[PDB]
Structures are given as structure tokens and as C-alpha cells.
Asker: 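The structure is given below, and queries will be raised subsequently.
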Amino acid sequence: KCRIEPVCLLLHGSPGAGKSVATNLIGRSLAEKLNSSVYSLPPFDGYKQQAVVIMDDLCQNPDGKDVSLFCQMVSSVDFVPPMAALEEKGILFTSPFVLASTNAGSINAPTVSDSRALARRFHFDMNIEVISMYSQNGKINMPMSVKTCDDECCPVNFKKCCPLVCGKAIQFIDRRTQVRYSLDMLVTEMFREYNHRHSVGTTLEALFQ
Ligand SMILES: CNCC[C@H](Oc1ccc(C(F)(F)F)cc1)c1ccccc1
Ligand SMILES: [Cl-]
Ligand SMILES: [Zn+2]
């Protein structure tokens, strides 16, 4: 149990809510801070210890295999993804971030213990809301949402701003506290938690716990 636990995000949205756009942008911003890239987990072909793993469109009813793998990934246990069937060598999983999206209001695992294990691991658990101006027919308008903002915007974690970044088009709502974030703000939060987990103070604290 020598690995720092990945920082994990779950986004709940609807099919047209731009869930995958959101995880892609959050993921890329975080990955760039670590000089790395994003890897989408095929539901481990192509995994190369990328800093950010994305799991898009989690089903509402994961089975025991889904639960088991996810709980390996998001933990402090050394974990070698299964690669034998791909005839590739075993390598330790080291991604410090895992982002997931789902259309489910609530994920329901097979047992309530399983549900507790998932809840423990989704540190950030947010609803996506698309702002009505930027949605037609239940589908987010990407041309509108990617259009560069004027200079009233100066983003923290991106080189330029658009409504996707600063909360004009999409917002993220904490499911426990109802606190609201722009995508940019959420990246700041996720990287702060990463820095917290990797700090000397935190790691030395664990010697006494
Ligand atoms: C095989 N069952 C559906 C595939 C699977 O769905 C999942 C649903 C939930 C979870 C968990 F456990 F909540 F993390 C993990 C996976 C999934 C979805 C997207 C990416 C990887 C795996
Ligand atoms: Cl149980
Ligand atoms: Zn903006």
C-alpha cells in the first residue's frame, strides 16, 4: 500500500450535457500540469501510465468485475492492469487522476458495501448543468460554447477562455453541498487535492496513522 490514491471525479449528466467534453477538458488541463496526457479507458489497451484516466458513460448498474477493477485503480494498492491477453508486459498503474462521467442519477453497485466503496473513492461527486442559452433540443451547442470569451475572462488553467471554461455554458454542482463551480474552478480544486496528497506534510503524517 505504497501508492498515493488517485484523485477521482464523477460527473452526472444527461446524454446531451457535454459530459465527455467536460472530462476531456478537465483531464487535459490536469495532464498538461504533469507534462502528460489523457487516456480513455475502453470499457487496458493503449494504457501507458498517462497521468489522467477517463471513464466515460459509466453504467448505472456496475457488476462485481466493474466494482473490483475500479476499487483497485482508485486506492493505495500496487496494481498491475491485466495485459497478458494483449501479450504486453505487466506495468504498475500510476495515474494520479481518474475522471468518470455517467448519465445515471445514482450509481447502484451490487451490494451496499460495494456502494460505500465507490462513494469513498469518488472524492469529487458533481452534477453537470448546461445553461439554457447554450442548449437546444437537450444538446449542448458546441459552436456557441467554444467561442472565445471577451477580455472580462482570464482563465487560470487554460490559455484562453470560452463558455465551457468559465461557467457560462456548463456548471458543476457538488451533490452533497450544492456548491457551484466553473470547469476552470473544478480543475483548480482537483489539482489542489492532488498537491495535498503528494505534499511532504501529508505523506509524513501517514507514518503516525
Ligand atoms: C462492464 N460494465 C459496464 C462498463 C463499465 O461501467 C462501469 C460502471 C461503474 C463503475 C464504477 F464501479 F462505478 F466505477 C465502473 C465501470 C465501464 C464504463 C466506462 C469505462 C470503463 C468501464
Ligand atoms: Cl453489503
Ligand atoms: Zn469565459
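In this chain, numbering begins with 1 at the start of the sequence shown. Just the heavy atoms: all of them, side chains too, but no hydrogens, waters or symmetry mates, feed the values below. All ligand and atom numbering here is 1-based and tracks the order in the structure.
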Asker: What drug do the PDB records list at ligand 1?
Answerer: fluoxetine
Asker: If you rank chains by contacts with fluoxetine, which one has the most, by name in the PDB entry?
Answerer: 2C protein
Asker: Within 4.0 Å (heavy atoms only), which residues surround fluoxetine?
Answerer: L41, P43, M55, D56, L58, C59, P62, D66, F70, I107, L118, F122
Asker: Among all the protein's non-hydrogen atoms, which is closest to atom 9 (C) of fluoxetine, and how far away is it?
Answerer: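 Heavy-atom neighbour on the protein nearest atom 9 (C) of fluoxetine: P62 CB, 3.4 Å.
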Asker: In terms of atom number and element, which parts of fluoxetine are under 4.0 angstrom from non-hydrogen atoms of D56?
Answerer: 19 (C)
Asker: Among all protein heavy atoms, pick the one closest to atom 7 (C) of fluoxetine and tell me residue, atom and distance.
Answerer: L58 CD2, 3.6 Å
Asker: Give the atom numbers and elements of fluoxetine that come within less than 4.0 Å of a heavy atom of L41.
Answerer: 20 (C)
Asker: What's the shortest distance from atom 13 (F) of fluoxetine to any protein heavy atom, and which residue and atom give it?
Answerer: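 Looking at atom 13 (F) of fluoxetine, the protein heavy atom closest to it is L118 CD1, 3.4 Å.
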Asker: State which organism the entry records for chain A.
Answerer: Coxsackievirus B3
Asker: Show me which atoms of fluoxetine lie under 4.0 Å from any heavy atom of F70.
Answerer: 12 (F), 14 (F)
Asker: Output yes when the distance from some N or O of fluoxetine to some N or O of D66 is under 3.5 Å, and no in every other case.
Answerer: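 There is such a contact, yes.
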